[PDB]
Novice: 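Before my questions: this is monepantel bound to Betaine receptor acr-23.
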Amino acid sequence: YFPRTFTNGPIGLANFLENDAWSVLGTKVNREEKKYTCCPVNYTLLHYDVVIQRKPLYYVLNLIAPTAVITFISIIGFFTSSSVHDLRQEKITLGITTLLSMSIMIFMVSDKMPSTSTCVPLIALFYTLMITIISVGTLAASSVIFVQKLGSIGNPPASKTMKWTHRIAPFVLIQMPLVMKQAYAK
Amino acid sequence: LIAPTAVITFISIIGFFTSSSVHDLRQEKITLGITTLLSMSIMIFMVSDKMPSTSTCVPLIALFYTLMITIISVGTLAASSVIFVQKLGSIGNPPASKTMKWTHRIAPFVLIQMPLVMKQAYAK
Amino acid sequence: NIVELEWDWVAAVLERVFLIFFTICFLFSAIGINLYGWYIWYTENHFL
Ligand SMILES: C[C@](C#N)(COc1cc(C#N)ccc1C(F)(F)F)NC(=O)c1ccc(SC(F)(F)F)cc1
Ligand SMILES: C[C@](C#N)(COc1cc(C#N)ccc1C(F)(F)F)NC(=O)c1ccc(SC(F)(F)F)cc1
Ligand SMILES: *[C@@H]1O[C@H](CO)[C@@H](O[C@@H]2O[C@H](CO)[C@@H](O)[C@H](O)[C@H]2NC(C)=O)[C@H](O)[C@H]1NC(C)=O
C-alpha cells in the first residue's frame, strides 16, 4: 500500500464543507510496515491523521456564562444587610437553592462528555471553584451571625478588636451609625 | 419558547420594585432573582437541545434570552441599591442636601405622594 | 428620625423610577425583537 497526496496535503480538502463546531487544522499520512504474531511476513499500513480544533464560543456561552451570573448574584446576597443593629436572617436556604441548581447543571453537562477518569477538564475546575465559593460563602455568612451573637451572651466587649475594626472601617467603605456614636459620647 | 419567558420576566419586575410601605425596612430580593435566574437556565438548556449547536451565528432568540437575563440580573442589583440608599438614614444623620429638591419635583411625575407622617415632621 | 424619613422618601421615589424604566425596557425588548423578526419573515415570503 502507498499513499497518494493532494496539493494541500495528504487528505484533500478542495471539496470540504466547513463544520460549524470544529476546524481542520491539518492532515498527516504515515506509511509503516508492521509484524504480527499471526503471520511470518510484515503488513503495510497507512495512517491518516486529522487535527480538528473546537470552536469554543458556543460552549462558553451555554455552559459557563449562566453559572457565573448566578454565582456572582448569590455572593452579594450572602454579605448584604438592610441594617447594622438588627439580627440577621440565616442564608442557608439561599445557599442550598444555589447549590442544588448547580448540581442539575453538572448532571446536564456530564451527559455530553465521555465519562472518563483519566483527566479533569478545564470546565471541571471552573465548576469546582463555583461550588467552593458558594459553599464556603455560606459558612462565612453564618460566622457573621455567630460574631453578632456574642453581644447578647454576657457583656464581655471587644478588647483589641475595636482598634483593628476602626482602622479597617474606612478602607472598606463603611461608616459608624449615629446611635453608636451617641452611645460612645454618652 | 418566548411567551412563557416573557410572562415570568414581567411578573418578576413588578416584585423587584414594589413595597407595602414607605417607612419600613425592605426585604432583600436576591432570593426572588436567583429563583427566576435558575429557571431561565433550565429553559435555555431545554431549548438548546433543539438546535444545531453551531458557533457561527447568534440567533434572534438568543438575543431575546440575553435581554431577559440582563433585566433580571441588573434589576436584582437595582433593587439592592434601593436598600442601600434607605440605609443611609441610620448611618449618621447627614440629610439629603440637593437630592431633596430634585426628589420633590420628580415625585409628582411618577405617581407617588408623600406619607402623612413625613408631612407632619416637616411642619414640626 | 426626620433624617431617616428623608432618606426613606428618596428610596421610595428612586424605586418608582426603576419600575418605570425597567417596564419600558422589557416592552421594547420583547416586542422589538419579535416585531423585527416578523418583519424579516414577512418580507421573505411576500416579496422574495
Ligand atoms: C461536568 C463534569 C466535568 N467536567 C463531567 O465529569 C468529568 C468528565 C470528564 C471527561 N471527559 C473527566 C472528568 C470529569 C470529572 F468528573 F472528574 F469532573 N463534571 C464536573 O464538572 C464536576 C465538577 C465538580 C464535581 S464535585 C463538587 F462537589 F461539585 F465540587 C463534580 C463534577
Ligand atoms: C438557546 C441557545 C440559543 N439561541 C442555543 O445556543 C446557540 C445556538 C446556535 C445555533 N444553531 C447558535 C448560537 C447559540 C448561542 F449559544 F450562541 F446562543 N442559547 C441561548 O439562547 C443562550 C442565551 C444566552 C446565554 S448567556 C446568559 F448568561 F444567559 F446571558 C447562553 C445561551
Ligand atoms: C518488517 O517490520 C520490521 C519491524 O520492526 C522491520 O524492522 C526494521 O528493520 C530495519 C532493517 O531492515 C531497521 O533499520 C529498523 O529499525 C527495523 N524497525 C524498527 C522499528 O526498528 C523490518 O525491516 C520489516 N521488513 C522485514 C522484516 O523484511
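Order of the sequence lines sets the chain letters (A, B, ...), proteins ahead of strands, with each chain counted from 1. Heads up: this isn't the whole entry, just a piece of it, and contacts are only counted within that piece. No hydrogens, no waters, no symmetry mates; every other heavy atom, side chains included, goes into these values. First listed ligand is number 1; within each ligand, the first listed atom is number 1.
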Novice: Point out every copy of monepantel in the model.
Specialist: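 Look at ligands 1 and 2.
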Novice: Counting non-hydrogen atoms only, which other chains lie under 4.0 Å from monepantel (ligand 2)?
Specialist: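 Chains with a heavy atom that close: A, B.
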Novice: I need the residues around monepantel (ligand 2) for a figure - heavy-atom cut-off 4.0 Å, please.
Specialist: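 Heavy atoms within 4.0 Å: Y58(A), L61(A), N62(A), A65(A), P66(A), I44(B), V47(B), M51(B), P52(B), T54(B), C57(B), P59(B), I61(B), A62(B), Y65(B), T66(B), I69(B).
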Novice: Using a strict 4.0 Å cut-off to heavy atoms of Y65(B), name the atoms of monepantel (ligand 2) that fall inside it.
Specialist: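 Those qualifying, in numeric order: 21 (O).
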Novice: Can you tell me which residue and heavy atom of the protein come closest to atom 11 (N) of monepantel (ligand 2), and the distance to 0.1 Å?
Specialist: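 The protein heavy atom lying closest is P52(B) CD, 3.1 Å.
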Novice: Just need the protein heavy atom nearest to atom 18 (F) of monepantel (ligand 2), so name the residue and atom and give the distance.
Specialist: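 That would be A62(B) CB, 3.6 Å.
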Novice: With heavy atoms of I69(B) as the reference, note each atom of monepantel (ligand 2) found under 4.0 Å away.
Specialist: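 Checking each atom against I69(B), I get 29 (F), 30 (F).
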Novice: Suppose we measure from atom 2 (C) of monepantel (ligand 2) to each protein heavy atom; which comes out shortest, and what is that distance?
Specialist: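 In this structure, atom 2 (C) of monepantel (ligand 2) has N62(A) OD1, 4.0 Å as its nearest protein heavy atom.
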Novice: Who's the nearest protein heavy-atom neighbour of atom 24 (C) of monepantel (ligand 2), and how far?
Specialist: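 Nearest protein contact, heavy atoms only, for atom 24 (C) of monepantel (ligand 2) is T66(B) OG1, 3.6 Å.
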Novice: For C57(B), counting its heavy atoms only, list the atoms of monepantel (ligand 2) lying under 4.0 Å from any of them.
Specialist: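 Result: 12 (C), 13 (C).
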Novice: Can you list the atoms of monepantel (ligand 2) that are under 4.0 Å from a heavy atom of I61(B)?
Specialist: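 Listed by number with element: 4 (N).
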Novice: Just which atoms of monepantel (ligand 2) are under 4.0 Å from any heavy atom in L61(A)?
Specialist: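 Numbered from 1, monepantel (ligand 2) contributes 17 (F), 25 (C), 26 (S), 31 (C).
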Novice: Could you tell me the residue and atom name of the protein heavy atom closest to atom 8 (C) of monepantel (ligand 2), and the distance to it rounded to 0.1 Å?
Specialist: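 Closest protein heavy atom to atom 8 (C) of monepantel (ligand 2): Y58(A) CE1, 3.7 Å.
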